[PDB]
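The following structure: huperzine A with Acetylcholinesterase.
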There are 2 protein chains.
Amino acid sequence: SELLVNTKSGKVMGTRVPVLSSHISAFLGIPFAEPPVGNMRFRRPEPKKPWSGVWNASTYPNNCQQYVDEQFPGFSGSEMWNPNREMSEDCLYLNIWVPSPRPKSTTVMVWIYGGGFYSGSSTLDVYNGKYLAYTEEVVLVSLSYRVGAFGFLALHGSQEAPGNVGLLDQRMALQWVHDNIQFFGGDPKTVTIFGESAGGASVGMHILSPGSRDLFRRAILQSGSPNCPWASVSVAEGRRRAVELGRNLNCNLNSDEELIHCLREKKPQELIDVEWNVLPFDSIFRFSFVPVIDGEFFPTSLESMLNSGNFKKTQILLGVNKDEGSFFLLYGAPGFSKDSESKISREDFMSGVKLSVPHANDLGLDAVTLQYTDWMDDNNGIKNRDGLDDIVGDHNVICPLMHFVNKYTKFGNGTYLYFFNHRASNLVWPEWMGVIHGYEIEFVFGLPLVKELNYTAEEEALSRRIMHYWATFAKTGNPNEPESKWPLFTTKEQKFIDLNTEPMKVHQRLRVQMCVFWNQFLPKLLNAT
Amino acid sequence: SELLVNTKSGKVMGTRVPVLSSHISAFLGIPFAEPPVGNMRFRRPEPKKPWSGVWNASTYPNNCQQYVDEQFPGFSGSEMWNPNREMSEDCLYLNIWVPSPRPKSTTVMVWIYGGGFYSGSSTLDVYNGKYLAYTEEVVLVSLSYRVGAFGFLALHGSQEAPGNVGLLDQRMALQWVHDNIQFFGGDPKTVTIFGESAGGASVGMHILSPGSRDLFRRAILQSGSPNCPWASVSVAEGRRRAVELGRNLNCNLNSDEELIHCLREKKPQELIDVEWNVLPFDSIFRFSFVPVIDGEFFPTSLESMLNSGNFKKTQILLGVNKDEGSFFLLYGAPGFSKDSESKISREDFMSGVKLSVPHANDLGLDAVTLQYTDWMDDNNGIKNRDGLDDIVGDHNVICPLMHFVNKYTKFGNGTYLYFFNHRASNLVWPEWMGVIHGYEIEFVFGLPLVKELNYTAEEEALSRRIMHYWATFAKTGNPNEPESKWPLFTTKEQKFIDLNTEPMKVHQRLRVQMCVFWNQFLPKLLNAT
Ligand SMILES: *[C@@H]1O[C@H](CO)[C@@H](O[C@H]2O[C@H](CO)[C@@H](O)[C@H](O)[C@H]2NC(C)=O)[C@H](O)[C@H]1NC(C)=O
Ligand SMILES: C/C=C1\[C@@H]2C=C(C)C[C@@]1(N)c1ccc(=O)[nH]c1C2
Ligand SMILES: C/C=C1\[C@@H]2C=C(C)C[C@@]1(N)c1ccc(=O)[nH]c1C2
Ligand SMILES: *[C@@H]1O[C@H](CO)[C@@H](O)[C@H](O)[C@H]1NC(C)=O
Ligand SMILES: *[C@@H]1O[C@H](CO)[C@@H](O)[C@H](O)[C@H]1NC(C)=O
Ligand SMILES: *[C@@H]1O[C@H](CO)[C@@H](O)[C@H](O)[C@H]1NC(C)=O
Ligand SMILES: *[C@@H]1O[C@H](CO)[C@@H](O)[C@H](O)[C@H]1NC(C)=O
């Protein structure tokens, strides 16, 4: 039967799912690791022990334990991102959408979700892979990995909580795909990993880490880079946050063994309740438990790895959205509100700058403020709001990604850069937020093709165009069909294209003026002072 | 006789001079101090001893000893600024143009020339006061003062070469005007001092210095402010440069007395020959012997004086030209030439930045470079050239002046700001230089009214308009006739007007973006690092 697949770990039974007046196969909730529960919490993952009989893969699995966004109860804009399945530490499963009839050896795409390493679910409606798998004839896989303390508590030197285990979960899923995707009709030698936000940083981290490189062929990074200021911490900071977490739960802090034991006896929600109390600074776009530069998963600092060309050399396709920063200003910066135009006063602007660049001294803050202020109209509420939006987006997403693309392109085999600037016609978030962080995902996964979702014909066309770009790239290493051509990004010309409902346009040096400030000047200033 | 005036110092005989098909009286070469020759070199000036008989004031006096510009022999563009009379240390004289018939008590304007405190002559063709005196019915006076080492060698603590003596020469001339202008038909209670470049800085210095304040009523500053980075040095730097000058002339440096004695035995040209060798840095728009913050002429630092409102409170009219920096880049920056378009490479740009901000460390240089570079087109020769032009103009003239105007306006009785951006149709300097430092002078002095000079009718109209603005301001403290109105500059609105052949336009916050960088950010950065 088409819904029955025998893998190296055992047999799995899928289910037929309808999609755009047709059907395909779906194998949901396939385990790729032993449940990281009990004495295994914080530990590196273990491969799932093979099973006898048939594994029922007809329904979505549980979501990992995580902070749940309750800032706007009942509001779909924020709740569509929250876990939509019961949460549980027993959450290491993957999902696969397979075209019908089953392919023999087709292109494979593996999705990595990414809410700042503290949130994410492979089961969100916006991650339904049936549309992409069906439309582009690719085997679509979505994995999962532990987030929050569960996946990133780091007490370097300890083997019980070494850190980066959430990344290792991802790696184990990729290993499983590499070993078994052939049985689902996928070609294990043509696997493209792609993710957004922390998922985008994750993709880049697998490109960097020696132990992950051989597990995939190509990569796509959306609004996220491995070198993002929020994507990793030093072994020392990781340890500090781990100890501080223990302090919040009245744990014995005499030894790593004492701390870990205590943390393992706590219920999942107890860790989540105090998770945010360990951040070192009052800030936005900063998360508590994230990957650590340990000398193992990451041999050396990310910058020296990028500079020496110490990473997987292949083709990459990546880009950013127009207003990456708006979402984070809304959730934490004074003056912003979901139901107002959020015009910002000169004072809230300064408070925003402080929250946006927590690690900066006064001179650094002045440099930022000067760089983003229109001194011929410094009290313009809209300009202050948009200025902060750009500050947060440039610092946390765009400029770190541009640094990565320029460093990578020097050794890579092909780079394609995009700038997504289309605001969906059916967004429920206010207009001032613009093209929000994470909102290119629905186009990548083809939601606009679903009539009931109220997208415009132009948006459906955009989705199809993006899906075909992503799938063609995954298949050939070039988004262009062998129409206007998406030029290759080169060190010299640095071309990129815009992704919107208007006729494609090619541009050059994406926000270069600002990124030179964030990538070259500010770091030098903070280091000299 | 109309050409005979009895002053408190003796009788003087003037001469009738033709002007625009008419005539007026001119009393040229009137001495206001004892010749600062011999043992008086470097000393404070002494009042001229009264004389018996009639002083022949029919011809221009000698010009003070100074460096002579030979960068373009035979070229009028540069030579029209060189001394046009024999040079001599016996140069402390003033010139007066009086309307005919002689007024009884009319508005007085005193011009102060200013080539970086190292050059200047009251006899230049562009300083002919007959046009302004005649056209506006004002008594026009042009004074003189020692420049170079002769007027500013400073060995603080010594009474033989205390420094600032060139400023004291100016003061003595103003004292003479205050005491005797009534006999020429001028009203000593309505004297406006005005000057350009170092002359503009001088005007501001008389506004600041307690001992000069009571000698005039109003002030006009053109392309120069007292706080300019090149307008003054500390007592320590002044001493260092004085000693270094002695070192260049093989002087005994055991004591101030030894050094001064040696310097006084040297011929004037010997000091001038090595004058430029004492600068501390390789730089442009920096001069060797300039005013010193001595605690006497200047009670305290200029900034604390400006901040505490410790200065003469009256009305001021001041402004700048569009391309203040071009002239200095041409004479000293790599890549610039008088006969080429001077497109600058990225490397010469960096060399230019270094020469423009000599006192800055590498971080400071990077900040400047970043601020003036268009990173979407960093190798554009014209943009690099224009960028350097702006850097030099903003740092040395415009931003220091804007800082002065904002500090002054807080305590002053009325401020009028202008931005001169008309390039004369008959300039012989290349087009890339634009509206050059010092080129608004010919319009202020009315040269365009002279047909033989080949100006356009529109330029004649502009000159008349400017002359009437200057004279009406000198007379009433308001440039506007009791036509489009020149708005008052206020701390709040910060309005100013443009001066060109096009219909007057009012603007706000003159180059505020750049000046915040130069006046607030860069100083803070250099101080923190
Ligand atoms: C990506 O790598 C390929 C192969 O390493 C580059 O193309 C090569 O194609 C052949 C090998 O398969 C060689 O014979 C060619 O010489 C080589 N291409 C050239 C002209 O050097 C390809 O250029 C790389 N693409 C990018 C964008 O770097
Ligand atoms: C940085 C946090 C994110 C990102 C964007 C949004 C809108 C919500 C978020 N919590 C989230 C939640 C779940 C998820 O899968 N991705 C993301 C990406
Ligand atoms: C800073 C030096 C200057 C200024 C502008 C020019 C063009 C020449 C200059 N040497 C000069 C020479 C004589 C003079 O009277 N003024 C000036 C003003
Ligand atoms: C598991 O499979 C059975 C059929 O064997 C069926 O009830 C359903 O698809 C799954 N059970 C659940 C989770 O309801
Ligand atoms: C489409 O529009 C209807 C009615 O306006 C609305 O109720 C519905 O929520 C929209 N579609 C979606 C995304 O549910
Ligand atoms: C000085 O005055 C005399 C007349 O007394 C006359 O020769 C001329 O105006 C002046 N002399 C000079 C400098 O030629
Ligand atoms: C006016 O033009 C003539 C002829 O073109 C030129 O020789 C002269 O120099 C100009 N006028 C001046 C400033 O001398």
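The chains carry the letters A, B, and so on, in the order of their sequence lines. Note that chain A carries the PDB entry numbering, so the residues on display, from first to last, are 4-485, 489-535. What you see of chain B is 4-485, 489-535, where the numbers are those given in the PDB entry. Counting starts at 1 for both ligands and their atoms, in listed order. We read in the header that X-ray crystallography, 2.1 Å was used to get this structure.
Including duplicates, the parts belonging to huperzine A are ligands 2 and 3. Lab note: other chains with heavy atoms under 4.0 Å from huperzine A (ligand 2) -> A. At the top of the distance list for atom 1 (C) of huperzine A (ligand 2), counting protein heavy atoms only, stands A/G119 N, 3.5 Å. Residue contacts with huperzine A (ligand 2), taken as heavy atom pairs separated by less than 4.0 Å, do not involve A/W432 at all.
Closest heavy-atom approach to atom 4 (C) of huperzine A (ligand 2) within the set A/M83, A/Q69, A/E327, A/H440: this belongs to A/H440.
Using a 4.0 Å cut-off between heavy atoms, A/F331 contacts huperzine A (ligand 2) through its side chain alone, with no backbone atom that close. Contacts with huperzine A (ligand 2) closer than 4.0 Å are made by side-chain heavy atoms of A/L127 only, the backbone lying farther away.
Within the structure, huperzine A (ligand 2) has A/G118 among the residues with a heavy atom less than 4.0 angstrom away. Of the candidates A/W114, A/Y130, A/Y116, it is A/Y130 that places a heavy atom closest to atom 16 (N) of huperzine A (ligand 2). Interface atoms of huperzine A (ligand 2) facing A/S122, defined by a heavy-atom separation under 4.0 Å, are 10 (N), 11 (C), 12 (C). Proximity to A/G123 (heavy-atom distance under 4.0 Å) selects the following atoms of huperzine A (ligand 2): 13 (C), 14 (C), 15 (O). In terms of polar-atom proximity, A/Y442 is not counted as a contact of huperzine A (ligand 2), lacking any N or O under 3.5 Å from an N or O of the ligand. Residue A/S200 has no nitrogen or oxygen atom sitting less than 3.5 Å from a nitrogen or oxygen atom of huperzine A (ligand 2), judged on distance alone.
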Below 3.5 Å only, please: the N or O atoms of huperzine A (ligand 2) paired with protein N or O atoms, distance on each line.
from	atom 1	to	atom 2	distance (Å)
huperzine A (ligand 2)	10 (N)	A/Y121	OH	3.3
huperzine A (ligand 2)	10 (N)	A/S122	OG	3.3
huperzine A (ligand 2)	15 (O)	A/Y130	OH	2.6
huperzine A (ligand 2)	16 (N)	A/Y130	OH	3.3

